[PDB]
Chemist: 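Our group is looking at a structure that contains rituximab; some questions.
Residue numbering restarts at 1 for every chain, and letters A, B, ... go by the order of the sequence lines. When reading the values below, keep in mind they use all heavy atoms of this one structure, side chains included, and skip hydrogens, waters and symmetry mates.
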Amino acid sequence: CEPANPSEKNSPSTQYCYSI
Amino acid sequence: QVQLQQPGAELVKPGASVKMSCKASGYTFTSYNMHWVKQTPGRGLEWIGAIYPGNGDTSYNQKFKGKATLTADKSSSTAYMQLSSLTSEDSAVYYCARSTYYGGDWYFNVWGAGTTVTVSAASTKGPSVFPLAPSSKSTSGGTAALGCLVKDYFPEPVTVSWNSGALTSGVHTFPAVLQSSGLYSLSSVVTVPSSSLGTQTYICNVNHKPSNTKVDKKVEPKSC
Amino acid sequence: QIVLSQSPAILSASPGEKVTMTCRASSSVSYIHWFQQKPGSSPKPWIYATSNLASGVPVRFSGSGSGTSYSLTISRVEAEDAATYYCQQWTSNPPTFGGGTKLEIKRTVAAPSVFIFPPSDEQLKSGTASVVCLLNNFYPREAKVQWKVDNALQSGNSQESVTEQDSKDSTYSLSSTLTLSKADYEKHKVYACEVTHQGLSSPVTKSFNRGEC
């Protein structure tokens, strides 16, 4: 779930990703 | 001109730390992710980490998590990577690269020229520069060969040009060689038309920044 | 981190040939990227998102693939293509690069222009004598540079250095310098360099007599 590009950290998809 | 500017080289003592710069221009520095890549002949291109200048947010490769620290300055639009307690394994080329377009997928479409790091305890030594004179030979020739032996210096690199950069065609500056003495040696040659050896003056300019040495040598033709 | 394996390591191509290089990944990835890197320079974006060409990249280049198997292919190999091409992936963090496939141009035969350089006056005024033999613009890379001192073949006391293949003419240049002390350098008269290479009709020799001119 952790993005290589830091500008992703607060994206809809990363947040959804953490909602395993 | 979207561009990323990095210093050419840095000499670090084993144990010390070094902070590398990577200035950006031609685009807004805070809307793109800056990435750093390591390169060695043996372990290839390795991704170190990235930072988003508009946030300060950072992402690391586990491998360089305790070795690198990434920072960004908004006002000067510069990205930084600090390498701590360097060892021989840290000697390599380091690139900074901007990424863009998450769409299809990311893209390293703007890279820096790369800063070459050498970690060594050895002291800096200036180059001795000798002329490689073009004899008249038994061969009449249409083209003669001119050279400059830049030897016994440390550490890399040494910049060599001809006539203040005016002569570029026909130049071959050879890869440095570490001599048994632990110092580097190098040669720079140029072919030129034979008849110009008496009209033109050929000067080789050696620059060895890491020792603040600049030498201009005249290579004098020999009547043989 | 996903492992990208490239092949072949070295790809020899004659000017005008149509070649392809592959890239395989330890596990599936959505897109693969290609970068071209000439020595001393930063790797250049060449192909992005599996099939798209980057700015200033000729139509001869192309790329395709899926899942774990991708490829870059050149329809008409040209001289300026010599370089290492690198594979790259963004599907997993940390993003990884492949080991690279080095492309070298198998151009037509080219004999070296050989020159021999006696040690400078300033150099001996320091105790050391370096004698350089120059092999210019030749192909293939395989060339035999043999130092002769007083008509006797020398060995182990000389180092060689080669440039990378030139982007316009695809040849190499080589410097072989013999280094020895002033004291030993003064023990002989004739210092020669003998060169044998596919290109020249017969092994050439460029020499000089110590301190004659």
Chemist: If I want every instance of rituximab, which ligands or chains should I look at?
Modeler: chains B and C
Chemist: Which chain accounts for the largest share of heavy-atom contacts with rituximab (chains B and C), under its name in the PDB entry?
Modeler: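 The chain with the most contacts is B-lymphocyte antigen CD20.
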Chemist: Among the chains of rituximab (chains B and C), which has the largest tally of heavy-atom pairs under 4.5 Å with chain A?
Modeler: chain B
Chemist: For B:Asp57, which atoms come within 4.5 Å of any heavy atom of chain A: side chain, backbone, both, or neither?
Modeler: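 Contact with chain A: backbone and side chain both.
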Chemist: Chain A heavy atoms under 4.5 Å from B:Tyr102: which part of the residue, side chain, backbone, both or neither?
Modeler: side chain
Chemist: Considering only heavy atoms, which portion of B:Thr58 lies under 4.5 Å from any heavy atom of chain A: side chain, backbone, both, or neither?
Modeler: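 For B:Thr58, the backbone is the part near chain A, not the side chain.
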Chemist: Okay, next: residues of chain A with a heavy atom less than 4.5 Å from rituximab (chains B and C), what are they?
Modeler: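 The heavy-atom epitope is A:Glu2, A:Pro3, A:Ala4, A:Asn5, A:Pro6, A:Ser7, A:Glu8, A:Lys9, A:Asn10.
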Chemist: Could you pull out the paratope of rituximab (chains B and C) towards chain A for me? I'm using a heavy-atom cut-off of 4.5 Å.
Modeler: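 By non-hydrogen atoms, the paratope is B:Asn33, B:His35, B:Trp47, B:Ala50, B:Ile51, B:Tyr52, B:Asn55, B:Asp57, B:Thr58, B:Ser59, B:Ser99, B:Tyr102, B:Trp106, C:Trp90, C:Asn93, C:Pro95.
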